[PDB]
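Entry with N-phosphonacetyl-L-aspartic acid: notes follow.
Here is how names work: the chains are called A, B, and so on, in the same order as the sequence lines, proteins then strands, and each is numbered from 1. No hydrogens, no waters, no symmetry mates; every other heavy atom, side chains included, goes into these values. First listed ligand is number 1; within each ligand, the first listed atom is number 1. A restricted portion of the entry is shown here, and the contact count covers that portion and nothing more. Method reported for this entry: X-ray crystallography, 2.7 Å.
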Amino acid sequence: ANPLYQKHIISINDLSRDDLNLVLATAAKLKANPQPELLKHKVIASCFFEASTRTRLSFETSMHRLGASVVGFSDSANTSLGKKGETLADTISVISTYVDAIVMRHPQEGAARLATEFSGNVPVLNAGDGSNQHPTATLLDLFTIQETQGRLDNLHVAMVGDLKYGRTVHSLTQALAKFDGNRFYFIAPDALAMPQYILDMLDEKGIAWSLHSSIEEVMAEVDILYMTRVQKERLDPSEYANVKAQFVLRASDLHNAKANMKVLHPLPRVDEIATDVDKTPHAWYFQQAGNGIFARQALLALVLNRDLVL
Amino acid sequence: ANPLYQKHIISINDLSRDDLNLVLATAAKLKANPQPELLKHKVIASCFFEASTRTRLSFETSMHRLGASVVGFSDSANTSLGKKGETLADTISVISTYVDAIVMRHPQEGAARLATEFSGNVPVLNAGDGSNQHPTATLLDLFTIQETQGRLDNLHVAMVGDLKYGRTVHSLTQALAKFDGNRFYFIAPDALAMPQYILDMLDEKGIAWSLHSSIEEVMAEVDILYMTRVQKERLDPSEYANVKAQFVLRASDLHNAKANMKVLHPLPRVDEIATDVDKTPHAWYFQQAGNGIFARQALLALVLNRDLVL
Amino acid sequence: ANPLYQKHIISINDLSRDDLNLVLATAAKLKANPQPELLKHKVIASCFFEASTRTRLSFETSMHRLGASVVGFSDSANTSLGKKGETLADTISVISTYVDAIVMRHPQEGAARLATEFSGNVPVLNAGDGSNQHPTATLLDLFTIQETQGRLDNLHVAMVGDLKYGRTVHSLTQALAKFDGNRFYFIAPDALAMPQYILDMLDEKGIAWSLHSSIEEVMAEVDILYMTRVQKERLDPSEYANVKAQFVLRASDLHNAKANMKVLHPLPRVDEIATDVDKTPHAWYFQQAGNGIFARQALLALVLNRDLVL
Amino acid sequence: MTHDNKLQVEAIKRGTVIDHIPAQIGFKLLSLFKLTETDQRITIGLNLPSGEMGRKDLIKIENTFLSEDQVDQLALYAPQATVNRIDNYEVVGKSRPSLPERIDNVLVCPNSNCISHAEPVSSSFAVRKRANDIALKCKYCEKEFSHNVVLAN
Amino acid sequence: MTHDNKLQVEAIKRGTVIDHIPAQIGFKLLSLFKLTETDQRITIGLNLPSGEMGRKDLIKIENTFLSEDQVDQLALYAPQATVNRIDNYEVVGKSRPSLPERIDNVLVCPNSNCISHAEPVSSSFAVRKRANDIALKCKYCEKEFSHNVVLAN
Ligand SMILES: O=C(O)C[C@H](NC(=O)CP(=O)(O)O)C(=O)O
Ligand SMILES: O=C(O)C[C@H](NC(=O)CP(=O)(O)O)C(=O)O
Ligand SMILES: O=C(O)C[C@H](NC(=O)CP(=O)(O)O)C(=O)O
Ligand SMILES: [Zn+2]
Ligand SMILES: [Zn+2]
């Protein structure tokens, strides 16, 4: 049985450099030679209690690419939890007696963790829980990062935007901290700064990080420019001053750009990345999006299939 | 004819030091020598297009005390400007063919000035225009400052709270700058700081003013502590971080205060003044409120009476 | 000074039998001998924080009949308590520095009592506080009962409808219990039964009272049939089963009624009294309404006049 | 002076000693009486035996003497209690809680629509022995409740 | 064998004796760990002196036995305190609260958007000696807080 078989995938904080490398290697093999019936006869629940376009659609497309079947809801409004006052615990209790695995996105932190406590033997894959974790996004970011830089060790990484609420940067920052020699540069407004627990984790492992007021202040020494969106829907009223993006990336800003440096964005982007960047050789967010298919097929293959894909 | 006979009271910036002194002197007389018929046969329009309790009620009460008739509306929802799309210019044009004077409070700065251009000979008294001017408020504050300090010169005055949106402090400051040797202390959040146009004026007149981050810094020097309410209805979403009162006055903070210092507030107060301050010799906001009757009778008397002999 | 001079009229429970008799006697005189200037130079605040037609209008009409000036608001939506978050205590504190008396109707029980603690020497007349007391209503009912029966003793009175939420019947009952030999008949749905605190009081005084499930049971014994409206705005969702009138009076049910029995109702009536009852010698609700002018002038006259000689 | 009847007994010079506190009430009075503030050698005895009376709680606070009202407010939560004023290891005054006419501040009116909640004023109820339970009338909404219901503040 | 200074009876057969609890703590420990909701005899001593332990606090629960689990959870409020195992008057055991790795059911996650507030689950925090203070990490939302901002029940 491979390491991640029947394992819950809630937080990157629970995985190891090994579990990640495994996922990516598998991701690369599946991208190379597809396996149409690997998950034949499996039924997966796709439960999104929060909005989604890529995560849900890529996830579900992946389930089909592997021959699995999909049941679920894209909005909780018509679930009994939405109209009959049912608790999340009971929802996950009955659901876990119908399907082989559960993929869920929820508006409250810890929702995925909560599910594992009532999912019996059925695994739970966290598609996003409030502002906490977002493992499968990170898994596709790493895949994309390695695909473009050749490695995941010793990289100069800049994360701009809402770091406080960006569940993507929370996961990603913890992932890259499991590898060596990665240099981090955080560019976010004060009210939306990276949480302490992440910075402490960084200090402990002796990883180097520094705050910067502008993109240009680091544009020359970054391999990956990870742009994020302001988590408008999660902001407190007292933070509405930061609803608009302070750091907008424009093509002209990529002049002193290291030739190998790519620009990433978990998406969706609002106005933090001008459309002109779209046709510069540095933009890679749409390629990145596409990789979600391989990283998500890989993840499903390992959790629902005992033997390391042959 | 007295200086103010038939004049429009729009902005304190249009009144001189002598005009102000004339209103205070008169207020003093009416407060001790009532004139129940001074305005018999006059009809005054009380037009409030925005909420009010003290200003409207005190104004209409003053009209009755002086024997005038009141006509008007406390909510524009049922005027034809509210349900039929009529402009403000037309509202003022017809209303001015019915009444002898117009008291008006409006949500947008400049509404009163505009009215004077459409009211013909009918004088307009500005009861408040957005965050601009609040003339009659300043008149009652001056009256109140003068009766508690016996002077309007060489006073140490501190203005606390939302100074940006506070029409009350905008008018009160331009007034006190018309007297000599007054020292201003401005304590407010950066976002709600005192407008620059008013400060340029203070400098222009060589008036001493300074900023402070706490009330405790100036408590033992002020003769008047002017507390204001955060103008929530006027705040910009990007300023919703300042709705909560930053500087709150409690009874304890009054220990090292001059024995003659009075705590003033235009009202209403939300949480900026603890109610325990109410029972101290310093609390004077309610006395200040009552003085609104005298300041406003005086104004009405001077504007609608060519010659006044009391 | 008369007994009521400057007193607060909050709860019938604070007035004695002689106080009530004084108001009725005076009402009798003013109804036959008008005093157009009895209150010349007084300004009264009419503050209704809840809907009203009879009470407010009759009260303000009475003020004008007596030569007083009226000031106030019929909707708290445009006061600063409504748009600025001001407490009721502060509203009453400043208003009381403007006017000579305060008439107030509020949605919460106890609002009037509270006002007396913040109004200084200014008397407060309770025009209705939630489902508690309705003093001036009871005064006009007493006046009306007395002029139709020539007495307030040994009357057979039936109170029908919502007795739980009816401040009208709460005050009317405590009043009639101050006289001798009155017999009460309570006809109401169990959920809207008469509060226990009032019944304990009836027993305490050895007053005869009984419950009945229909009007027909008592029709041939009552001198006064007091019909009430189901207090829908005060009902609890768990009581929405009683919004519809349970006991409806039609013209036919009046056949075996005493020739001298009058049908009373505080108004408005919804469906509890068929309009065909309107054309019968028994219908007296509208006469009762008109009597509100006399009962309320008397009260105002007695509270604002030290000595009254009519 | 002397030595109590039962075993585990605590001694003091001057202060108050509430005795006969009903079971599961001792720790409560300790709460809404803010006795735990006074850093004076306090002594609490929970679930002590009470002869034929079963089990009692008992509090002892040195150099502290209950307020001019607390004993009356103490009459509600524990009527059958006794407050001994002990000066110089001796009971220079023994008292029994008496129901006051009205009780102010500590209680919260059960009527939700009572104005006493929203506005800045101290509550107060008029106490009145009824038939076995104490009846409390709100100074504001004028409604009367059973102290049973009211003691859910 | 407590000490000496004016007598008063105070000794028990079996049970536990949490000793050396700092000031204004004995009350908290009584509430948090519901160490009072029991029929057993308890005798709380507040402020009673103890040398270096100037104004210490003391709690004695009769017939009640803690556990390495429980005792450790005290290391979060009264770390230095010593738990004495008294069996048959004889002090058969003597431990000291060491930092536990996780607190359950007691505290409440300060993050309002934490799933733990809505669903029927018990709270839980991983304990960690950050730097100056102890950091608490919610099992669910995964956010950490100074052991000081975290509240409980
Ligand atoms: O929305 C973001 O910017 C962050 C993150 N974005 C995504 O996962 C991409 P999607 O909403 O299309 O599934 C999320 O929380 O959904
Ligand atoms: O509203 C304030 O806080 C200050 C000032 N207050 C008043 O005028 C009191 P009112 O609105 O009761 O007449 C104003 O500008 O409206
Ligand atoms: O509303 C009722 O049915 C009874 C009574 N009715 C009135 O006061 C009539 P009005 O609201 O028109 O002044 C009341 O308590 O409000
Ligand atoms: Zn009440
Ligand atoms: Zn949490």
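Copies included, the model assigns N-phosphonacetyl-L-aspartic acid to ligands 1, 2 and 3. Against N-phosphonacetyl-L-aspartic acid (ligand 2), the chain with more heavy-atom contacts than any other is given by UniProt as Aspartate carbamoyltransferase catalytic subunit.
At a heavy-atom cut-off of 4.0 Å, other chains contacting N-phosphonacetyl-L-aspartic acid (ligand 2): B, C. Measured on heavy atoms with a 4.0 Å cut-off, the binding site of N-phosphonacetyl-L-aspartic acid (ligand 2) is B/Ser52, B/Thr53, B/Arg54, B/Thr55, B/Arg105, B/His134, B/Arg167, B/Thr168, B/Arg229, B/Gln231, B/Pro266, B/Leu267, B/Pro268, C/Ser80, C/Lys84.
Per the PDB, the organism of origin for chain B is Escherichia coli. Of all L-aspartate-binding residues UniProt records in chain B, the ones placing a non-hydrogen atom under 4.0 Å from N-phosphonacetyl-L-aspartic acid (ligand 2) are as follows: B/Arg167, B/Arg229.
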